[PDB]
Every structure is written in structure tokens, then in C-alpha cells.
**Student:** 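Entry of interest: Avidin complexed with theophylline.
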Amino acid sequence: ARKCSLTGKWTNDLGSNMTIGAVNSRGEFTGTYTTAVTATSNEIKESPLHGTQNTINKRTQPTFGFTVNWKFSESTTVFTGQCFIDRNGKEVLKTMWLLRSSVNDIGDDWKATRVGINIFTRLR
Amino acid sequence: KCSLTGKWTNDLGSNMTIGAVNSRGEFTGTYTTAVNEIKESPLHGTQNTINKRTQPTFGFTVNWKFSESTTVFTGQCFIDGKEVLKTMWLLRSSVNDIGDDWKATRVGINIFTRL
Amino acid sequence: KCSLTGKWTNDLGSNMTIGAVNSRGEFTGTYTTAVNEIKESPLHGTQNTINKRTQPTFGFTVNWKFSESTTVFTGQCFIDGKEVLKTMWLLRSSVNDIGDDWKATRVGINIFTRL
Amino acid sequence: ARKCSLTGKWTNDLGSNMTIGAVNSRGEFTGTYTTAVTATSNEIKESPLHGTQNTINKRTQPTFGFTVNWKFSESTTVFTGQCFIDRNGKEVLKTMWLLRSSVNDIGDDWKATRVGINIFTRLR
Ligand SMILES: *[C@@H]1O[C@H](CO)[C@@H](O)[C@H](O)[C@H]1NC(C)=O
Ligand SMILES: *[C@@H]1O[C@H](CO)[C@@H](O)[C@H](O)[C@H]1NC(C)=O
Ligand SMILES: *[C@@H]1O[C@H](CO)[C@@H](O)[C@H](O)[C@H]1NC(C)=O
Ligand SMILES: *[C@@H]1O[C@H](CO)[C@@H](O)[C@H](O)[C@H]1NC(C)=O
Ligand SMILES: Cn1c(=O)c2[nH]cnc2n(C)c1=O
Ligand SMILES: Cn1c(=O)c2[nH]cnc2n(C)c1=O
Ligand SMILES: Cn1c(=O)c2[nH]cnc2n(C)c1=O
Ligand SMILES: Cn1c(=O)c2[nH]cnc2n(C)c1=O
């Protein structure tokens, strides 16, 4: 079977794009995230990301996580998922995310986290 | 200014130490859980520097060294005069078959204070 | 007006039928998954009636009859001209010891269309 | 050991209160939710809830779920968790929730779900 590789340019269901560079032997990678929409009335852009792929047992379809450090807001998003070979033999990232808003008071902390999915496929 | 650097412990008794935060907001650390005895896994993340908030949001990934899983944590560094990290996490399990993907993600909270 | 009453199927191939929605917005139904063959569990929930929106939010609980677990789903009934339910769910597993509570909750999405 | 029972008045970490009535033999219950804060600039109140407790194997510490049908907004929250006897012998509900906002466009669906926890203890 193919190995599923994180390295490449990706697009998701919402029209956002993402690039991920080479993964080092420690499983670390950097990338960029170019977002389609926004929960702010601020314009979007490219924002950097950093994360790791799990290399335990050197699975062909590894789990990974990354953090997006939004450059156009005070928020942070983390993504986590797995690099699968799909039924049709394509690479697919199946991910879920938490979007953390900045709040001014610790008493608003409870409503500062949104959750959802994103499915990435390779954009050539 | 609530800062991520230092030694932390959470509501479950796990420990975490985080190094210096660089100008791009990036930091690395080690996450410590007990089952055997104690396990140590690297973590890497960033804090948000937009508006240079005294109470910044942040994120990090734990690359578990004892399983195939990955966890990401995100939240906000609060300063009352004690510092507290309020976080939520997603724990992604490895599945073999994409048909099992639906059940591979767990979610929860952790609250960290200085150890 | 996007309506919850009827027969639905999701992206995983599970089926769901929901009865009439009463004046308090309450409804009951049956949720159908395949493993054996097919299982049937009751569900109960409400749709939100504030402002009598054409595309209302809603929630429901599935009381699984084949395990000790419970799932809740919440989301919004959209009308494009096809009706689509966009939902997220939490699947709560039973643990024996409160010390295991942290890992008892999974999260995901389901999208339902008319069957 | 005690059985953990849903029936009663409860308070959580945020200061919200909740009542749950008798649970019927089908595991069904009704209740009310009186909330401390809000993600809206609307005032709070009492809102009804309905849900079920799992009775498979008649566990002493059952899982359950319920839906809160907010009367002061277009949103809906679902809660799910387990009724534990804690280390100190008290009943505790350990729950997690999804708060679904109403959006006007299906294209905003992605940011319409927030997530968090709530810990309930009996208020006498
Ligand atoms: C994603 O990449 C495609 C191919 O260049 C580009 O046309 C499209 O507009 C991109 N989407 C965003 C939101 O940048
Ligand atoms: C966490 O912190 C302290 C170290 O001061 C120790 O009591 C405890 O055993 C540690 N737990 C670990 C290493 O998981
Ligand atoms: C769901 O819907 C249709 C019934 O028309 C059927 O093809 C499929 O097998 C059903 N799946 C179940 C019952 O889980
Ligand atoms: C919860 O109940 C207590 C006891 O009556 C009451 O004083 C308190 O204000 C309630 N909290 C809310 C938000 O209603
Ligand atoms: C996950 N996610 C998105 O999918 C998105 N699209 C636009 N902003 C976005 N943000 C901030 C985000 O966190
Ligand atoms: C969040 N979290 C924990 O709190 C934990 N405790 C033990 N393993 C753990 N893992 C893998 C995890 O992701
Ligand atoms: C959401 N969900 C599912 O999609 C599913 N499929 C099979 N069991 C399932 N359970 C228990 C569940 O909660
Ligand atoms: C979970 N939750 C709360 O804890 C809360 N507090 C105030 N509104 C609230 N809402 C709408 C809510 O869904």
C-alpha cells in the first residue's frame, strides 16, 4: 500500500488551503494555512503552522497534530487527525480542530472554544 | 504578562515543562504522565503574539512516545496574581481502517498551574 | 421551513426516522446503525422555536439499546431546496472509575439528508 | 455502594443550576436549566430540558444525555456524561456539552458549535 505523507499542498471542504514542508526524523514539520472564511470581521491571509507526526511503529497512515498561529487575530487553532489512504487509493487527511478565542475575562473562558472537522485532499 | 515558560501541573496530576518562547512565539517542552511509572513525550507549539496580549491564547501538540496517538491542546494563559492555563484538548487515536475514523477522536479539558 | 420530521440517512450510512414535532418543539424517533446486522435505539430531542426560524437549531439524545453509552447530537436544519441536517455529536462511554472520566468522551460530525 | 441518581437539584462550576425530575422506566426525564452567564447579549432565565439515562445493565453510575432548549435565544445545547459516586462518596455529574448557534448561511455552519465541560454537584 502507499504510505500517507503529510508533505505537500492540501485543500479542504471549506476551500481553505494548507502547505506542509518536509517532516524531519523527529516527526516535526512547518507549514502555512491560507483560510477561506473567518469568525472575525477581519480579513484572512496566510498564517504559519508547526506540528508533529507520530512515528511510533512507523505506521503507513500516521496520526499528527499542528497549531495554527493566526496572524490576523488573537486566536489559535489546533488540528489533529490521521493521514489515510482512502478507499479510492487517494491520500486524505481526516482532522478535527479546536478554535480558541481570546477572552478578556477568565469568567468568559467557558465559551472561548469552538470545534469542528476538516477533510484535506492534495491540491496539485 | 501571563507567560508559558516554566513547570506546570494539571488537575489529573500530569506535569509539563515548557522552555523559552522565541520572537515567533514558538516553544518546545516535555509532557509527563503516569500509567509502570512515568513517561515523557516532547511537545511543540506557539503562543499568539497579535496585540501582544498580557493573557495570550496558545496551542501545542504532544507527540506521545509510548503510543501511536497524538494530542493537541489549545487555550489561554490567564493572570489573576497566580497564572492559570485553561485548555481544551483533542486526543487522536490511530485507527487501521478509514471506516473507523468516526470514533478516533476524544475531547476534554485540562487546567494547569505552576508546579 | 426546514423540518425534522421524516426519514434521514447520514454520511456513514446510519438511518434515523423522527416523528411529528409538537408545539413545545419536542420529537421522538429511532436511530438505526449496522455493526450481526441492524440495531435500533430510541432518540428524543427538541428543536428551538424562538423566532420560529425557517432553519432551526435542535438537539437530541440517542439512548443506545445495545451498550451502556449515550450520544447527543446538536445542529441546524438547513434548506438550500433539499433539506440537510448539519450536526455534531458527543459519544459518552461508560467508565468504571471516575479516574478514567477524562477519556470517556468522543466527538465527531454527521450530515443527514432525506432518505 | 450508593447508586448515582440524576433526580434532584444540581449546581455547576459556573454557578448555573439545574433541576431533573423522576426518571421513568424507559430512562426518560425532564428538567430545567437556570444559567449563570450567556454567549448572547440577551438576559438568561429558566429553560426546559429533556433527555434519557442509559439503563443497559442497570449500572450504578449511568451515562445520560439531555438537550436544553434555550428560551432566550435561537441556540440549543446538548449535554452528555456520567453520574459518578466520587472518591469522597458524593454524587457528581461529569458532563461535556456542545452549544449550537443559529447561523443565517450554511457557509457559516463551520463556526456554529462551541464545546466545554460542566461538573454538577447536588444543591440542597
Ligand atoms: C487554494 O488554492 C487554489 C489554487 O491556487 C487557489 O485558486 C484558491 O483560491 C486557494 N484558496 C484560498 C482560500 O486561498
Ligand atoms: C508531577 O510533579 C511532581 C514533581 O514535583 C511529582 O510529585 C509528581 O509525581 C509528578 N507527576 C508525574 C511525573 O507524572
Ligand atoms: C438505511 O437506509 C436504507 C433503507 O432504505 C437501507 O439501504 C440501509 O441498509 C439502511 N441502513 C441501516 C438500516 O442501518
Ligand atoms: C442557584 O441556586 C441558588 C440557591 O437558590 C441561588 O441562590 C443561585 O443564585 C442560583 N444560581 C442561579 C444562576 O440561578
Ligand atoms: C478551523 N478554522 C477554519 O476553518 C477557518 N476558516 C476561516 N477562519 C478559520 N479559523 C480561524 C479556523 O480556526
Ligand atoms: C489528554 N491526555 C491525557 O490527559 C492523558 N493521560 C494519559 N494519557 C493521556 N493522553 C494520551 C492524552 O491525550
Ligand atoms: C455517533 N455514533 C455513531 O456514528 C455510531 N456508529 C455506530 N455506533 C455509533 N455510536 C454509538 C455513536 O455514538
Ligand atoms: C453550556 N452553556 C453554559 O454553560 C451557559 N451559561 C450561560 N449560557 C450558557 N449556554 C447557552 C450554554 O450552552
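Lettering follows sequence order; numbering is per chain, from 1. Side chains are part of it too, since the values below use all heavy atoms of this structure and drop only hydrogens, waters and symmetry mates. Remember, it's 1-based here, ligands and their atoms both numbered in the order they're listed.
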**Student:** Locate theophylline in the structure and include all copies.
**Tutor:**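 Copies included, the answer is ligands 5, 6, 7 and 8.
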**Student:** Could you check which other chains have heavy atoms less than 4.0 Å from theophylline (ligand 7)?
**Tutor:**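 Chains with a heavy atom that close: B, C.
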**Student:** Just wondering, where does chain C come from, per the PDB?
**Tutor:**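 According to the entry, Gallus gallus.
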**Student:** Would you mind checking which non-hydrogen protein atom is closest to atom 2 (N) of theophylline (ligand 7), with the distance to 0.1 Å?
**Tutor:**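 Closest protein heavy atom to atom 2 (N) of theophylline (ligand 7): B/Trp102 CZ3, 3.4 Å.
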**Student:** Which of the atoms of theophylline (ligand 7) are close to C/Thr71, meaning less than 4.0 Å from one of its heavy atoms?
**Tutor:**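 Here the atoms of theophylline (ligand 7) in question are 1 (C), 12 (C), 13 (O).
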**Student:** Counting from 1, what theophylline (ligand 7) atoms have a heavy atom of C/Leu91 closer than 4.0 Å?
**Tutor:**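 Reading through theophylline (ligand 7) atom by atom, the close ones are 11 (C), 13 (O).
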**Student:** In chain C, which UniProt domain contributes the largest share of residues contacting theophylline (ligand 7)?
**Tutor:**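 By UniProt annotation, Avidin-like.
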**Student:** If you restrict chain C to its UniProt biotin-binding residues, which of them have any heavy atom nearer than 4.0 Å to theophylline (ligand 7)?
**Tutor:**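 Sure - UniProt-listed, with a heavy atom under 4.0 Å: none.
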**Student:** What are the neighbouring residues of theophylline (ligand 7) within 4.0 Å, counting only heavy atoms?
**Tutor:**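 The heavy-atom cut-off picks out B/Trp102, C/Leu12, C/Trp64, C/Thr71, C/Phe73, C/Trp89, C/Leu91, C/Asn110.
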